[PDB]
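Next structure: contains telaprevir (bound form).
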Protein chains: 2
Amino acid sequence: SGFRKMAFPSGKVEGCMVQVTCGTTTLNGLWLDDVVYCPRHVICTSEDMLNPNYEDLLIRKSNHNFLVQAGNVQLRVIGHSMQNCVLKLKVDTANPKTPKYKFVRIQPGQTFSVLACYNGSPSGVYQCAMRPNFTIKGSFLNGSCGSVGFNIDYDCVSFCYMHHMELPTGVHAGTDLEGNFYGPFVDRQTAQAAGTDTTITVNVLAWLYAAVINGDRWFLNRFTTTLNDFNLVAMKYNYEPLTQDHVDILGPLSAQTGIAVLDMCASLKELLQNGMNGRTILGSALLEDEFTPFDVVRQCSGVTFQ
Amino acid sequence: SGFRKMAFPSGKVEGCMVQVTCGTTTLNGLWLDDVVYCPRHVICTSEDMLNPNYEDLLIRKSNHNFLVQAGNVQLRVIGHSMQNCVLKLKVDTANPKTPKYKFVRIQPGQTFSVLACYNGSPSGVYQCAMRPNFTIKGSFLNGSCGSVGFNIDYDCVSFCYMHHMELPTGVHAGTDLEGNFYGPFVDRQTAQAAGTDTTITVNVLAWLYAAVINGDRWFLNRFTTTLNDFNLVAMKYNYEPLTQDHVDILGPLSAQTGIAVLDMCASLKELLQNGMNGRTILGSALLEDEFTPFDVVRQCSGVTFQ
Ligand SMILES: *[C@](O)(C(=O)NC1CC1)[C@H](CCC)NC(=O)[C@@H]1[C@H]2CCC[C@H]2CN1C(=O)[C@@H](NC(=O)[C@@H](NC(=O)c1cnccn1)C1CCCCC1)C(C)(C)C
Ligand SMILES: *[C@](O)(C(=O)NC1CC1)[C@H](CCC)NC(=O)[C@@H]1[C@H]2CCC[C@H]2CN1C(=O)[C@@H](NC(=O)[C@@H](NC(=O)c1cnccn1)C1CCCCC1)C(C)(C)C
C-alpha cells in the first residue's frame, strides 16, 4: 500500500537529450532518429525577443550556426526547418537510442512526467498535470527550455510537452512536439495572461478512491446526489464541471471499491461545504487534483513497462 | 522557479533490475557485476515465515533452485551466499550495464529515490525520506520486494535501500545493501513495533528557505531566538531537536537568502504555536519535512548528472 506522486522511469528519455547552441544561447534538444527538436527562440538575441520575425531570423541562419552535442559527440547539422514554434535540426548521425515513440497532444487534467535537464544533462524527474488554463506548475530554472514531458505505454514513449517559458506568477508554458503551444501563448516577451485556473474535479474523485483503497474512509457518507446537483455546488468552489464521460472513466475505480461515482461525489460535495475539519486524506490537508483515474489504477494495480 | 518532489533520473538503475525466483516466490534482484542481490526471504515458504532458520533453509537450497532473468536472458547461478538479510547470487554473466556505484547506509532524515519494480520491470520512480523511526512511507504492492532506493553523485549511483516488508500501519521497512535492516526489525512474521515518529526539523527549515527563494515570505518575522529556546518549543510539537550541525548544513541556504538560521527558527517557532491560519507555503497547508537542505540547493541551483 501507500500512495505517492510517482513519475515514469526516465531511462528511455535520458538517451535522447542533447545540448543545442546558437550564438550565445544554449538549451536542450530532443534527439530522435536523425532530428533534433528544440524551441525556436534559440535563434533569438535578447533584442529580438520583443517582436521576433522568426521566418526572417531563420532565413539568416546557416547549418553551421548550430552547435549540437551529445556528451562529447558533436553532431553535424545538415538542414534546419521550422515547424510552428519548434525548430527541427536534421543531423548526420541518427540516434541509436531512439526508443519506440510518438507525439501526442494531451488535454487539460491529464498528467505526465517531466525530465528536467540543463546543458543536455538530466537533473531530475517529477510528475505534474496540464492545468485547465493550459499552464503547468513545474520546477524549471534558466537553461531548462527543450526539457520534455512524456508518458509511457509499455514500450512506447509518448512525448507530449516541450518547455519554452515561465510566467511571472511562477507557472510554466510550452508546446507539444509539433510546435503548437498549449494555451493562448505566443513566444514573444510581452504580457500574456493565462486564464483563471480551476480544480480538476475528476482527478480529485480519483484521489478519493485511492484513499479508500488505502483505508482512509472517514469522509464517506450515506447520502447521494445527482450530476446536476453536484455540479451546482462544484462551480461555486471553482471546480471543473463533471461530465458523464468523467463518470465512465471512473468506472474501474468504482468497480474495485464498490462505491458508486455519485456516492463519491456526494462525499466530495460535503467536504467542499464543510471542509476537512483538521483532518487529512492520504497525508494531505488539501484536496489533491494531479492524479488521473489511470494514475491511481496504475499505482494501485502495479502496471509496469518494458 | 517552482518547487516539486523531484526524483533522480533512474536510467542507470533500470539496467540493473532482474527477476529472481525460488520455488513459488518471485521478486526483484539487483544485478551489479556478476552478483544478484535480493531479500533472503525469497527462499521461504509461507509456513517458514513464522520462525525461519535461514541458515538451515539456505543449506537445503542448490544453485539451480534459483531462476534469474533479465528480460529474456536467463542468467546461470554459480553460487549462493548470504550476507545478513540479503542473499547474494553469483552469476555466469556479468552486467554490462553495471554503473559506477557504491553502497551507503543513510541516516534518518536523509532522502533518496525509489525505483518501484515488479517482475524485474520498472513501474515508477518517487522520492521519499528515511523517517526518524527508520521506516519509510513508500508506495509498494505485492511483488515489489528487491526494489531499491538510491541517490546519484554526478556519475556514481549510491544504493542505500532494498525493500523487504510492510507494517500494518501502511509504512515500509528494508535494509541497506549489506543486508542490515534500518530500524529494530527482523525478517519474520511477528508483531514488531516501529518507534514513535517525529518531524525532521532541519528538513522543514530547508523547505522554508525554498519557499523564500520562491517568493513565499509571509511567515517571515523580525523576532529571533536561541537554539535552546527553539528546541523547547519544538520538542513540545514532536519535532526533532535541532543541533549545531544542522545549523551548519543550512549555511548555504542562509548565505543565499541573507536570512540567519536562527531567524528562520523564530518564524518556524511562531508557525508551530499559531498555525498557518488558512494559508499555504509552496502550495501546502502542512509543514513539509521530506526535502533535505541539499535537495533544496540542487533543485534551486540546477545541479545535473552524468
Ligand atoms: C529558455 O529559453 C532557456 O532555458 N534558455 C537558456 C538559458 C539560455 C528560457 C528559460 C527562462 C527561465 N525561456 C525564455 O527565455 C522565454 C523566451 C521565449 C518567449 C519569450 C522569451 C522570454 N522567456 C521567458 O521565459 C521570460 N518570461 C517572459 O518573457 C514572460 N513575460 C512577462 O510576463 C512580461 C513581459 N513583458 C511585460 C511584463 N511581463 C512571457 C509572458 C508571456 C508568455 C511568454 C513569457 C523570463 C523572464 C526569462 C522567465
Ligand atoms: C515481498 O517479499 C514481495 O514483494 N514478495 C513477492 C510477492 C511474492 C513481500 C511484499 C509483501 C507486500 N514482503 C513480505 O512478504 C514480508 C516477508 C519478510 C518478513 C516477513 C514476511 C511477511 N512480509 C510482509 O510484508 C507482511 N507483513 C508482516 O508480516 C508484518 N506483520 C505484522 O504486522 C504482524 C505479524 N504477526 C501478528 C500481527 N501483525 C511484519 C511486522 C514486523 C516487521 C516485518 C513485517 C505482509 C502482511 C505480506 C505485508
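Chain labels are A, B, C, ... in exactly the order the sequence lines appear. Following the PDB entry, chain A residues are numbered 1-306, in order. Residues displayed in chain B correspond, in order, to the PDB entry positions 1-306. Whatever order the structure lists ligands and atoms in, that order sets their numbers, starting from 1.
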Check: Name in UniProt of the chain with the most heavy-atom contacts to telaprevir (bound form, ligand 2)?
Finding: 3C-like proteinase nsp5
Check: Which other chains line telaprevir (bound form, ligand 2) with heavy atoms at under 4.0 Å?
Finding: B
Notebook entry, point to check: How does B:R188 reach telaprevir (bound form, ligand 2), by side chain, by backbone, by both or by neither, if only non-hydrogen atoms under 4.0 Å count?
Noted result: backbone
Note to self: I want to confirm something. Looking only at heavy atoms, which of B:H41, B:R40, B:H163 is nearest to atom 15 (O) of telaprevir (bound form, ligand 2)?
What the structure shows: B:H41
Notebook entry, point to check: Protein heavy atom under 4.0 angstrom of atom 42 (C) of telaprevir (bound form, ligand 2), is there one?
Noted result: yes
Check: Who's the nearest protein heavy-atom neighbour of atom 23 (N) of telaprevir (bound form, ligand 2), and how far?
Finding: B:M165 CB, 4.3 Å
Check: Any idea which part of B:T26 is under 4.0 Å from telaprevir (bound form, ligand 2), heavy-atom wise: side chain, backbone, both or neither?
Finding: backbone
Next item on the list: Around atom 3 (C) of telaprevir (bound form, ligand 2), find the nearest protein heavy atom and jot down its residue, atom name and distance.
Entry: B:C145 SG, 2.9 Å
Item checked: atom 48 (C) of telaprevir (bound form, ligand 2): the protein heavy-atom neighbour that sits closest, reported with distance to 0.1 Å -> B:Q189 NE2, 4.9 Å
Notebook entry, point to check: Could you tell which UniProt active-site residue in chain B is nearest to telaprevir (bound form, ligand 2) and give the heavy-atom distance to 1 Å?
Noted result: B:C145, 2 Å
Notebook entry, point to check: Does atom 46 (C) of telaprevir (bound form, ligand 2) have any protein heavy atom closer than 4.0 Å?
Noted result: no
Next item on the list: Please report which non-hydrogen protein atom sits nearest to atom 31 (N) of telaprevir (bound form, ligand 2), along with the residue it belongs to and the distance in Å to one decimal place.
Entry: B:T190 O, 4.0 Å
Check: What part of B:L167, side chain, backbone, both or neither, has a heavy atom within less than 4.0 angstrom of telaprevir (bound form, ligand 2)?
Finding: neither
Notebook entry, point to check: What other ligands or ions are found less than 4.0 Å from telaprevir (bound form, ligand 2)?
Noted result: none
Notebook entry, point to check: Which residue and atom, if any, anchor telaprevir (bound form, ligand 2) through a covalent bond?
Noted result: B:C145 SG
Check: What UniProt domain of chain B accounts for the bulk of residues touching telaprevir (bound form, ligand 2)?
Finding: Peptidase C30
Item checked: Selection from B:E166, B:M49, B:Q192 by shortest heavy-atom distance to atom 25 (O) of telaprevir (bound form, ligand 2) -> B:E166
Note to self: Among all protein heavy atoms in this structure, tell me which lies nearest to atom 7 (C) of telaprevir (bound form, ligand 2), with the distance rounded to 0.1 Å.
What the structure shows: B:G143 N, 3.2 Å
Note to self: Can you name the atoms of telaprevir (bound form, ligand 2), numbered from 1 with element, that are less than 4.0 Å from a heavy atom of B:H164?
What the structure shows: 13 (N), 14 (C), 16 (C)
Check: With a 4.0 Å cut-off on heavy atoms, does B:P168 reach telaprevir (bound form, ligand 2)?
Finding: yes
Note to self: Can you check which residues touch telaprevir (bound form, ligand 2) if I set the heavy-atom cut-off to 4.0 Å?
What the structure shows: B:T26, B:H41, B:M49, B:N142, B:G143, B:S144, B:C145, B:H164, B:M165, B:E166, B:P168, B:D187, B:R188, B:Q189, B:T190, B:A191, B:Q192
One line per pair, note the atom names and distance for all nitrogen or oxygen contacts under 3.5 Å between telaprevir (bound form, ligand 2) and the protein.
from, atom 1, to, atom 2, distance (Å)
telaprevir (bound form, ligand 2), 2 (O), B:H41, NE2, 2.6
telaprevir (bound form, ligand 2), 4 (O), B:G143, N, 2.8
telaprevir (bound form, ligand 2), 4 (O), B:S144, N, 3.1
telaprevir (bound form, ligand 2), 4 (O), B:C145, N, 3.0
telaprevir (bound form, ligand 2), 13 (N), B:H164, O, 3.0
telaprevir (bound form, ligand 2), 25 (O), B:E166, N, 3.3
telaprevir (bound form, ligand 2), 27 (N), B:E166, O, 3.3
telaprevir (bound form, ligand 2), 29 (O), B:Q189, NE2, 3.1

